[PDB]
Student: 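This structure shows (R)-ranolazine in complex with Sodium channel protein type 5 subunit alpha.
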Amino acid sequence: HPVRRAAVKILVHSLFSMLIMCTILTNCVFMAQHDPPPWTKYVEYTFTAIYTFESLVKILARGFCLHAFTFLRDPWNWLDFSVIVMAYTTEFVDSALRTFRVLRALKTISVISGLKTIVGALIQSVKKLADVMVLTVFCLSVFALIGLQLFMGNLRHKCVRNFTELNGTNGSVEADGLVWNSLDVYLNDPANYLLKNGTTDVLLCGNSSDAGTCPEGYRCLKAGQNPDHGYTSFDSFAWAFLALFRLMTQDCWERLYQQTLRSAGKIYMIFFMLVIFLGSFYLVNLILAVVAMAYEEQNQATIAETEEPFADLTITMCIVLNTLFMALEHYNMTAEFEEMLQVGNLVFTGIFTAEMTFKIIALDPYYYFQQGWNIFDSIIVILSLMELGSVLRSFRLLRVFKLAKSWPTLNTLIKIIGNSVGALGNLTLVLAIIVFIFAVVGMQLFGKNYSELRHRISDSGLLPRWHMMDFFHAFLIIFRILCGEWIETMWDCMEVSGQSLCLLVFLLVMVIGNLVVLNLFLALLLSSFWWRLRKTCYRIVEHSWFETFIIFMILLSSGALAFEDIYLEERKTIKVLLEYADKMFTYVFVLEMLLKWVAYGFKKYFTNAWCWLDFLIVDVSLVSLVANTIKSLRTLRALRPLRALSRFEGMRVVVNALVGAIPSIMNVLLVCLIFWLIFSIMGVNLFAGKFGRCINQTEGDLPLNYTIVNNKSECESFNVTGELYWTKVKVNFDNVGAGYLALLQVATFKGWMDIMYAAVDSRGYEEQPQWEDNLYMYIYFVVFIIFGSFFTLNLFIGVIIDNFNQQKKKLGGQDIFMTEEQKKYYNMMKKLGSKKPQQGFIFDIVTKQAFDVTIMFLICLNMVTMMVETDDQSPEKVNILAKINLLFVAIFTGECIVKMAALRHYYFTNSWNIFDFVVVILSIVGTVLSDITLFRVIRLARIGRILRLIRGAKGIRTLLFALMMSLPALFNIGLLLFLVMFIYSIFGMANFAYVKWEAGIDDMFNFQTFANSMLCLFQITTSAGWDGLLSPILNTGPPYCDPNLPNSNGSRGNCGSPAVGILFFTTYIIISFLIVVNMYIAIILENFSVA
Ligand SMILES: CCCCCCCC/C=C/CCCCCCCC(=O)O[C@H](COC(=O)CCCCCCCCCCCCCCC)COP(=O)(O)OCCN
Ligand SMILES: CCCCCCCC/C=C/CCCCCCCC(=O)O[C@H](COC(=O)CCCCCCCCCCCCCCC)COP(=O)(O)OCCN
Ligand SMILES: CC(C)CCC[C@@H](C)[C@H]1CC[C@H]2[C@@H]3CC=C4C[C@@H](OC(=O)CCC(=O)O)CC[C@]4(C)[C@H]3CC[C@]12C
Ligand SMILES: CC(C)CCC[C@@H](C)[C@H]1CC[C@H]2[C@@H]3CC=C4C[C@@H](OC(=O)CCC(=O)O)CC[C@]4(C)[C@H]3CC[C@]12C
Ligand SMILES: CC(C)CCC[C@@H](C)[C@H]1CC[C@H]2[C@@H]3CC=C4C[C@@H](OC(=O)CCC(=O)O)CC[C@]4(C)[C@H]3CC[C@]12C
Ligand SMILES: CC(C)CCC[C@@H](C)[C@H]1CC[C@H]2[C@@H]3CC=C4C[C@@H](OC(=O)CCC(=O)O)CC[C@]4(C)[C@H]3CC[C@]12C
Ligand SMILES: CC(C)CCC[C@@H](C)[C@H]1CC[C@H]2[C@@H]3CC=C4C[C@@H](OC(=O)CCC(=O)O)CC[C@]4(C)[C@H]3CC[C@]12C
Ligand SMILES: CC(C)CCC[C@@H](C)[C@H]1CC[C@H]2[C@@H]3CC=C4C[C@@H](OC(=O)CCC(=O)O)CC[C@]4(C)[C@H]3CC[C@]12C
Ligand SMILES: COc1ccccc1OC[C@H](O)CN1CCN(CC(=O)Nc2c(C)cccc2C)CC1
Ligand SMILES: *[C@@H]1O[C@H](CO)[C@@H](O)[C@H](O)[C@H]1NC(C)=O
Ligand SMILES: *[C@@H]1O[C@H](CO)[C@@H](O)[C@H](O)[C@H]1NC(C)=O
């Protein structure tokens, strides 16, 4: 027919596809509006017609029925079919159903081949991630059972008032001179709880020695509701699964850490690291490795298919001077300094214009515009000239990128950014489509709920900071979820709207968006990347007993440092013991240094770096001793543990690897500093002096209304009473150094809440912040996070991994983070890993795979039975569960004994047999003990039965074997990390003790004692809540802290030191990043690939 020919001709024509794409984009723009005006209703038909028209065409050319090369045969045409039928259903007859219209956005993926291919590759990646997903579910369930057993109902502890019975009249309580109907109704009343200081949270409390303490007049009691609206708790197994999924993603995990330790006890912190350093880091890095290998296979398949005048120095110096001159800007500039800045900028732009004109005269426009850099310079100079005749100046900053001409690593960053929207732009487009789809889905589903039930989730009188009422805020929430903060807003979402639907939407966006982001990250990363005396001295130094003695002295001296608590002044004998011990260590180490000098001579001793370190430490000790016979030099004694680096080979080899990587690390650090200089200068221009708040101290610590107080001038003018304080946010953009600090907090994603809240309220220059005017400053931070964090971390990781690959290649292909003995044990483990394979009625029955499958089903059923445990369960439920446990123990005993009925070969045939034997023996031990927190441990011992699942699983077994193979390298890395934690905790004890308790620093997670400092350092090893700890350090003087305070040891107030605090926290954050992220990822990926 001719109709078929016409339909085919219109179908194949590119104009038709372009029309479909344009209408899809227009519909996407219309779906952004939260409140569609009535007239747009008419426009709806247009789309419904167009979507019909095109569909009709596809129906005419192809065949509706099923057959080769037909309409419904193509999977994506199902999208057209569903969209058209849904549109007709919604419009023809009678709504939340309209949210399904968002699926029309996916038509974009249909109208471009590149997006189809990208989605296909993503689907194969998801398919390959199946084993890791199963392992993650299994580990999360196991740790969730462990946490449920350990902390069942712990989070419901609260410091309630100490009630008194009214002479047992009717079981009533007369607390605080008020009678309540019953004890149960009294306890559930939140008017008698105790709020945590400076927070709107009920103080969790415990009765264990380590757990938190109830202030005088209060007592710990379990009655109440779980914290943060009751969505965090270990009471039910499913709640524990949610909490440990939160832990695994390290999402606001410091809050759960602090709550659990406050309620149960500090010792339980152990549990947390066993879930973080082996449950969170390990699982995420395993996912990283699996995705990377899948992408590598995809790239290999694609590759196989494809197969078959000296003035430049002057200009660069001028650019460097100009960028530095722009960096000479800050808050409260003097008039003369501002004039000097203006004159300098004017002369710089003048000279740049003159150079551009001269070198465009030398080569005419045809020649001049022949270079990309030349057109870039022309655009920059034109923009600067237009601005000369406000962020309009920031364009000039981009000139610094010219330094990429001969800077290879800045060129690598430029290549990364180019590939982001170049070769790999299709995947970026897919990510953008996903983000838009999820933003509109969330807004359409939750806009009315957020609007009409705002008071539920709005602590302030106005609307909440994060919501889905408007499209921009929905996109902001989706972006925040992508950045990793997916639960803090989820609690509000579930509180204001449906729990089930919000759970589903947020979990889906988390999983899918993080998958896409990780695919983009890995794709970019792979795409872009006397004589007798001397003899005696040598003999005495050479004895191994001498080395052991020196090691013992090093460790014991470090321990002696570990006692410098605030409580020494109370402990007298220990103080004098420590003084004598310190003198002894100084003397013995000096004696050892002299012996080494004599035995080996000055040249050999001073030609060894570690000898230099030991000599420096001893020199500091001697300087301190002679000064005593400098107070700022005493605290440098906290570097004593560094003597342990040279002795133990594990830390020595790890330090060798890190030193080898130092040059590349420094190159990338310089590139990152130059790149972040642009964003810090822009932030200084946008937000210099606009971060101040005229707070009223008496009425809390919240910014005043902009109507009553408008700016600093009015804040000082209304000073009849000394209540108003014009204070600036701790971390801000008043300078470029403060710019780097705030940018670091935004990039690491800790403490960015306050920075963005202060930015998106910046009303003017030192003017009082309005609630949320100047809103679109949000974009600023978003942009930064796209470049300053995503691409910057990509460069970090790529360069460091490339450096480690070069180091491995140089070292004969062997490992980098292992010793000789560890290498031999690793070889033995590898050999053991791939070992080759080696009454009649029962022998024939048990050996059958059906028996193993039945045992597997039985153990799965037992796991399900343990999932049912819950706090405050009725006694009959307890009895039934105990009986079921006894039955399961009996069944396992029966199966093990019938297996034993075979010859003794099974007694040693495999290691899993002995594991089964020992777990059964423990099971009977626990059951017999039941006839007699020890009970909690006995119950927790039952989790060993679940591990029997490992036998059947293949992917689980391989991944766990990879972890076991990686264990020694991780042991070395963790040893070095623990040494660094020890040193930094001693520094904190020396400095940060006595600081005012605010934000992260509370009565339990202080820096006062070694225990508390170690807890804080452990939590901020993952960079979690380091802004919280840093905040109390920064504040100096009123109204925050009170200097001139009678402190125990150092009576110079309770204020922190901003300079040393910032240095301490930034250096520790960077060191911990390096080690735990880069090295741990390197080990995980290497041992997974080899495994
Ligand atoms: C081949 C061998 C290579 C490995 C050895 C090289 C690495 C060793 C490290 C050198 C960096 C140490 C620099 C010392 C900084 C101390 C400055 C200082 O004394 O001030 C103090 C600074 O304290 C701080 O918080 C800064 C924290 C800096 C930590 C440096 C220690 C890092 C230890 C880990 C080494 C690196 C990782 C392991 C080795 C790769 C404050 O006291 P105050 O000012 O006197 O207070 C006044 C009233 N109390
Ligand atoms: C996860 C991270 C990925 C890797 C990071 C890549 C490198 C990006 C780095 C950024 C370094 C951070 C620099 C922070 C500078 C802090 C400046 C600041 O706080 O404000 C200034 C005052 O405070 C001070 O910092 C003065 C003391 C100087 C501290 C020096 C900090 C050294 C930087 C840490 C080391 C950098 C990393 C290198 C590691 C080997 C001025 O502002 P103000 O409003 O006038 O207040 C006056 C009160 N004194
Ligand atoms: C009886 C009252 C208290 C209401 C009942 C609420 C529970 C039935 C809900 C509350 C929150 C829900 C949890 C919220 C979060 C998760 C995380 C989610 O994690 C994953 O999806 C992991 C995916 C992966 O491993 O990649 C699995 C469902 C789960 C446990 C949900 C299971 C059901 C829970 C516990
Ligand atoms: C009356 C009050 C407000 C005076 C306080 C002003 C200072 C806080 C300003 C004046 C000089 C400024 C500095 C001028 C020059 C630089 C160079 C600039 O150099 C870099 O580019 C470092 C990073 C790199 O090497 O790329 C970093 C910011 C800094 C230290 C500036 C930080 C803020 C400073 C110290
Ligand atoms: C009190 C009422 C209002 C709420 C009761 C909670 C239920 C509605 C919870 C119980 C288990 C929850 C489900 C548990 C797990 C998921 C997995 C989640 O999907 C993933 O986690 C992605 C997995 C992957 O693709 O790898 C989507 C939400 C969903 C279906 C949850 C939806 C909500 C459910 C059904
Ligand atoms: C109203 C009062 C009595 C509250 C009682 C609630 C409990 C009886 C609930 C809370 C947690 C629930 C469990 C949460 C999660 C699962 C996982 C679920 O896992 C599966 O085996 C199905 C998915 C799969 O493995 O393919 C089986 C049901 C079970 C044990 C649920 C059974 C019912 C439990 C124990
Ligand atoms: C009507 C009156 C008596 C109200 C009280 C009823 C309770 C005694 C019920 C409510 C929930 C029930 C539980 C719900 C779910 C399970 C899972 C079920 O799972 C299995 O373990 C199956 C395998 C097996 O046990 O053989 C075992 C019974 C048990 C614990 C039930 C035991 C009896 C419970 C505690
Ligand atoms: C108010 C008082 C009574 C509180 C006492 C609480 C302590 C019992 C807690 C707080 C600090 C905790 C420790 C902090 C740091 C570590 C390091 C961690 O790393 C290692 O030490 C492994 C290598 C080694 O064996 O040294 C092991 C757990 C441990 C000892 C923690 C165990 C429990 C501790 C000692
Ligand atoms: C990298 O993320 C993750 C890694 C591991 C487990 C979970 C993760 O969260 C998922 C997603 O990556 C969200 N990220 C965004 C950026 N990230 C910054 C960062 O790496 N901080 C950091 C530092 C400075 C030192 C040590 C360890 C870490 C994680 C924070 C979290
Ligand atoms: C407060 O409660 C505690 C709980 O044991 C009790 O010992 C005490 O007598 C009560 N009264 C106070 C602290 O004044
Ligand atoms: C006070 O602040 C709120 C939000 O910060 C704002 O909506 C209101 O207009 C301000 N003025 C008042 C309450 O008089």
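Counting from 1, the numbers follow the sequence of the chain as shown. Order of listing sets the numbers, starting from 1, for every ligand and every atom in it. If you're wondering, the header gives electron microscopy, 3.2 Å.
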Student: In what form does the model contain (R)-ranolazine: which ligands or which chains?
Tutor: ligand 9
Student: Covalent bond partner of (R)-ranolazine: which residue and atom, if any?
Tutor: none
Student: Got a sec? Which transmembrane segments of chain A (UniProt, counted from the N terminus) put a heavy atom under 4.0 Å from (R)-ranolazine?
Tutor: 6, 24
Student: Name the residues that contact (R)-ranolazine at heavy-atom distances below 4.0 Å.
Tutor: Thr249, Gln250, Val284, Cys483, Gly484, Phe749, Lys750, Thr1021, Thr1022, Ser1023, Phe1073, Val1076, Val1077
